[PDB]
Visitor: 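Quick one: the structure is below, and I'll ask about it shortly.
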Amino acid sequence: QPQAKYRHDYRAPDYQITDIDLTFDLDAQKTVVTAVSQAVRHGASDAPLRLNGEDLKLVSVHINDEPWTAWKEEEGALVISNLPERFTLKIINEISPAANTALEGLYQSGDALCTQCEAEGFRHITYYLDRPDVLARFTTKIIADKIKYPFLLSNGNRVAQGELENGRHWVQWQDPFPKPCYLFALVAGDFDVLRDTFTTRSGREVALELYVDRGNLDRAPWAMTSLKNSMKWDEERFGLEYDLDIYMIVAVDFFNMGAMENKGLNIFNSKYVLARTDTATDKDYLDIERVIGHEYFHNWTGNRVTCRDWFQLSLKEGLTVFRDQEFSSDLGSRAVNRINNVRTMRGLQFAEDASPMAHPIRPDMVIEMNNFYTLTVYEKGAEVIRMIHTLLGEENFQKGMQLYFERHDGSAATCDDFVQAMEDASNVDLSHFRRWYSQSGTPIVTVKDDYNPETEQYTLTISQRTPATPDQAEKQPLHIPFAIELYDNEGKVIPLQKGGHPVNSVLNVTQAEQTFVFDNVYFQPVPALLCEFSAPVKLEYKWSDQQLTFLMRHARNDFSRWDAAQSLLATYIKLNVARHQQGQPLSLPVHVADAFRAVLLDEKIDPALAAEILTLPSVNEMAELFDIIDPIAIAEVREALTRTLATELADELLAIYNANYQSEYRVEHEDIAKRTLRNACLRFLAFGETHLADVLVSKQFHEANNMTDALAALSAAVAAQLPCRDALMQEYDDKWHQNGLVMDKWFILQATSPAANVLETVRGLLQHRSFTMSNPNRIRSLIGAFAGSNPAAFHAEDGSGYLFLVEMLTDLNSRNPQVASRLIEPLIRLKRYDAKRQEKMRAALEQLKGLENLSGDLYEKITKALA
Ligand SMILES: CC(C)C[C@H](NC(=O)[C@@H](O)[C@H](N)Cc1ccccc1)C(=O)O
Ligand SMILES: [Zn+2]
């Protein structure tokens with residue numbers, strides 16, 4: 001297995017390549033690549049040029065057209081010795097796109113040929129300096145059969161084109177912007193193309209082109225609209241304009257991730273492009289908006305300024321995720337977006353930070369870089385950027401962005417460079433703050449308060465600590481922006497002050513323990529703590545149920561109201577899981593049910609907020625409330641809680657469900673909010689009197705005039721195991737079996753079903769007409785959903801879930817390591833479960849560990865999980 005690489009070993013390259021001219025003689029079985037690079041030595045004169053290469057058939061090596069004899073091929077490299085200070089390197093090699101099942105480098109997607117080069121896929125195309133601090137100007141000539149590949153695309157603009165004998169043709173592209181090879185892209189195939197235009201604020205007219213498989217034009221307008229929305233927003237919010245003449249996006253069916261920001265030629269998983277009202281849900285529309293925007297935002301945060309090395313991945317991913325969240329939030333509901341992102345942080349990222357794979361947002365050790373496009377690097381990375389925004393304020397934050405681009409435009413930078421730019425532009429000291437980049441694990445912030453009537457002072461005693469993680473035995477206090485707000489008994493905000501001077505609501509929690517005193521607090525306050533999730537930490541405060549219901553009705557920020565409800569539910573989710581383990585039924589105080597009844601009947605509350613408060617935490621969110629996870633107890637308690645609320649709020653739920661009916665379907669935020677609330681109510685109504693529920697659900701499925709409402713009904717039928725379930729599921733299959741993206745929703749429902757025979761059903765679906773092990777989307781929607789989204793079934797006491805996953809991973813380890821690595825994650829969490837389960841999970845991991853040709857992707861995770 002390959003050795004681990006460490007951030008502290010970074011060293012500038014001995015050679016730089018300033019320009020590269022590529023020529024591809026394209027063919028699915030045998031592609032011939034000719035690469036002419038202009039190299040310049042920067043290191044010692046006796047240093048050899050070390051080129052990275054994987055699975056390449058070397059044809060020849062020339063230096064200034066002279067056949068070179070001073071070279072040697074070694075594991076993953078071509079080492080060239082005795083070179084001039086400046087020279088022209090010419091490499092000719094062959095590759096086989098059709099044989100590329102890992103989908104890394106140049107591969108085949110259906111009948112099209114396309115690429116994926118990040119993190120290190122370009123080395124699978126030709127021998128090169130496959131490191132992001134080497135920026136070269138690319139020129140790409142593509143030669144191919146005209147009938148099979150009428151469209152030949154690469155980064156930049158077309159500078160040449162011609163016809164050849166034997167029905168072949170070629171096109172040459174030039175991208176003026178120097179770039180690391182991970183941003184290189186090539187696409188060849190036959191597509192339908194949606195063309196539009198966007199005029200920047202300064203007048204630059206940009207040609208927009210969206211390439212989709214023939215017959216998919218009816219699902220392309222929303223993505224195009226989202227691209228234009230993204231371009232406009234970046235101008236308005238960040239003052240950034242697109243910098244090229246054309247913007248191409250190609251939607252492909254076979255892609256390991258969601259999308260890729262290749263300069264001027266983004267390549268997208270079709271899941272994040274294709275949408276029409278009968279195939280896509282409101283969520284799909286908003287996800288397409290998010291991803292289209294995300295990759296577009298990389299044009300500046302990632303492309304114009306790239307990464308010095310891969311340990312600096314968060315420099316572009318954390319910042320770009322922050323940007324896509326601000327984009328979504330500005331255009332839609334900021335409260336809903338913040339709530340959703342906090343659910344991801346608390347329910348998924350915290351779990352990772354408490355797992356064997358824990359790492360700082362800026363990793364120190366990496367074996368397989370593809371294993372580091374994580375919730376930590378992305379989501380926590382964004383939370384760190386957001387904390388900088390919280391500490392600086394929008395104005396100074398933008399000044400920091402401006403200085404960052406001024407200093408690093410056209411180069412590869414580091415996380416430290418970014419922080420320095422923010423510090424220098426704002427004059428805000430971020431020296432202590434920097435620890436957020438080096439320390440893994442989730443900080444735990446404990447708060448104790450006291451109200452002194454004699455002095456009319458409110459005191460907060462705040463403590464912090466980060467438990468040790470398997471990767472770091474030493475932990476230190478962080479600079480935690482801790483936002484608060486105090487309310488009097490009328491729900492009015494109490495001015496924060498001390499010694500006659502106002503105090504900022506964002507407290508600087510920088511020590512292991514500290515006190516914060518506020519005077520002129522005339523009456524005992526109810527505090528709102530860690531407002532808007534001001535820092536990615538776990539809050540420990542002894543809330544009374546009344547303080548929480550008070551906040552649910554009076555908190556100024558909608559997020560606080562949702563957050564208070566989560567704290568209220570946590571107490572009873574924990575209470576009932578303990579009861580479940582002792583064979584006792586659900587117990588819930590009347591005043592708790594009343595709090596949710598109040599939310600339903602509050603006419604002043606935003607439907608968007610009400611919908612989220614009425615959406616119970618997922619089983620994965622619930623799992624984080626426990627030291628030792630009991631997946632079956634959690635799943636059954638979640639259903640029991642749903643049933644109890646459905647019974648206690650039956651009339652109110654139906655009233656709100658009916659009140660939010662909308663005849664017209666619009667992908668507009670106000671409409672989406674009402675529909676989300678209506679369907680939130682439907683989830684509960686599905687657990688009402690069987691016949692009543694069955695009729696209501698089947699009715700919505702059949703009368704729905706959009707996929708959002710149809711899927712909501714189908715999901716409810718499956719969740720409540722209603723009589724109509726089998727009929728509706730078969731009807732969906734018969735109508736959509738030919739559409740993979742649509743069937744993925746169906747596979748997810750089958751995989752996350754509460755039915756006793758779910759595994760048997762999932763295994764059988766491996767033979768379904770709409771499923772195929774060759775497609776990452778299908779794999780993740782069926783197998784991934786089962787293992788990661790149905791922990792109750794995956795963790796069946798008999799161990800059947802683990803055995804099934806081992807079978808699937810034995811296949812995927814050889815076929816597609818990246819997808820295999822995404823799928824093994826559930827097994828890596830073994831220490832969070834009981835002894836019996838740990839034993840079975842360890843056995844499963846040991847079996848995988850002994851696999852012939854074990855991929856580095858899995859090796860890295862298996863090793864840490866078995867430690
Ligand atoms: C909206 C985005 C956060 C979705 C996300 N895509 C990205 O982050 C891209 O900008 C990544 N740069 C693409 C990528 C992902 C994984 C490994 C190598 C390369 C993805 O999941 O593909
Ligand atoms: Zn990204």
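Throughout, numbering of the chain's residues begins at 1 and tracks the sequence. Ligands are counted one by one from 1 in listed order, and the atoms in each one are counted from 1 as well. Method of determination (from the header): X-ray crystallography, 1.6 Å.
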Visitor: Please pick one of Bestatin, pregnanolone, setiptiline, dantrolene, levcromakalim as the drug found at ligand 1.
Guide: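 Of Bestatin, pregnanolone, setiptiline, dantrolene, levcromakalim, it's Bestatin.
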Visitor: So, counting contacts under 4.5 Å, which chain has the most with Bestatin? Name it the way UniProt does.
Guide: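 Most contacts: Aminopeptidase N.
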Visitor: Under 3.5 Å between any N/O of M257 and any N/O of Bestatin: does that happen in this structure?
Guide: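 No, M257 has no N/O under 3.5 Å of an N/O on Bestatin.
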Visitor: For atom 3 (C) of Bestatin, which of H298, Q325, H294, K271 has the closest heavy atom?
Guide: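 Looking at heavy atoms only, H294 sits closest to atom 3 (C) of Bestatin.
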Visitor: Would you check whether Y378 reaches within less than 4.0 Å of Bestatin, judged by its heavy atoms?
Guide: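 It does, in that a heavy atom of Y378 comes within the 4.0 Å cut-off of Bestatin.
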Visitor: What organism does the deposit give as the source of chain A?
Guide: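 The PDB gives the source of chain A as Escherichia coli.
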Visitor: Given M369, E104, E118, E295, which one has a non-hydrogen atom that is nearest to atom 9 (C) of Bestatin?
Guide: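 Heavy atom nearest to atom 9 (C) of Bestatin belongs to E295.
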Visitor: Could you say whether the N/O atoms of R290 and Bestatin ever approach to under 3.5 Å?
Guide: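 For Bestatin, there is no N or O atom that lies under 3.5 Å from one belonging to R290.
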Visitor: Looking only at distances, can you tell me whether any N or O atom of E261, backbone or side chain, sits closer than 3.5 Å to an N or O atom of Bestatin?
Guide: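 So Bestatin has an N or O lying under 3.5 Å from an N or O of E261.
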Visitor: Output the list of atoms in Bestatin that are nearer than 4.0 Å to some heavy atom of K316, sorted by atom number.
Guide: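 Under 4.0 Å from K316, Bestatin has these atoms: 12 (N).
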Visitor: What residue, among UniProt active-site positions in chain A, has the smallest non-hydrogen distance to Bestatin, and what is that distance rounded to 1 Å?
Guide: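 Going by UniProt and non-hydrogen distances, it's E295, 3 Å.
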Visitor: Suppose we measure from atom 21 (O) of Bestatin to each protein heavy atom; which comes out shortest, and what is that distance?
Guide: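 Answer for atom 21 (O) of Bestatin: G258 N, 3.6 Å.
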Visitor: Tell me: protein heavy atom nearest atom 13 (C) of Bestatin, and distance?
Guide: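 Of every protein heavy atom, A259 O, 3.1 Å lies nearest to atom 13 (C) of Bestatin.
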Visitor: Looking at Bestatin, does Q818 have a heavy atom less than 4.0 Å from it?
Guide: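 Flag not set, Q818 not near Bestatin.
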Visitor: Only heavy atoms of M260, strictly under 4.0 Å: list the atoms of Bestatin that pass.
Guide: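 Taking each heavy atom of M260 in turn, Bestatin has 12 (N), 13 (C) under 4.0 Å.
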Visitor: Point out the residues of chain A that UniProt assigns to Zn(2+) binding and that have a heavy atom under 4.0 Å from Bestatin.
Guide: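 Of the UniProt binders, a heavy atom is that close in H294, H298, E317.
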Visitor: Pick out, from the UniProt substrate-binding residues of chain A, those with a heavy atom under 4.0 Å from Bestatin.
Guide: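 Counting heavy atoms against the UniProt list, it comes to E118, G258, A259, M260, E261.
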Visitor: Can you see any other ligands or ions closer than 4.0 Å to Bestatin in this structure?
Guide: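 I count ligand 2 (zinc ion).
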Visitor: Number the atoms of Bestatin from 1 as they appear, then name those within less than 4.0 Å of a heavy atom of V291, with their elements.
Guide: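 So the atoms of Bestatin that pass are 1 (C).
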Visitor: Provide the residue and atom to which the entry gives Bestatin a covalent bond, if any.
Guide: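 The answer: no covalent bond.
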Visitor: Please list the residues near Bestatin, using 4.0 Å as the heavy-atom limit.
Guide: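 Heavy-atom contacts: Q116, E118, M257, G258, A259, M260, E261, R290, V291, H294, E295, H298, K316, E317, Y373, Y378.
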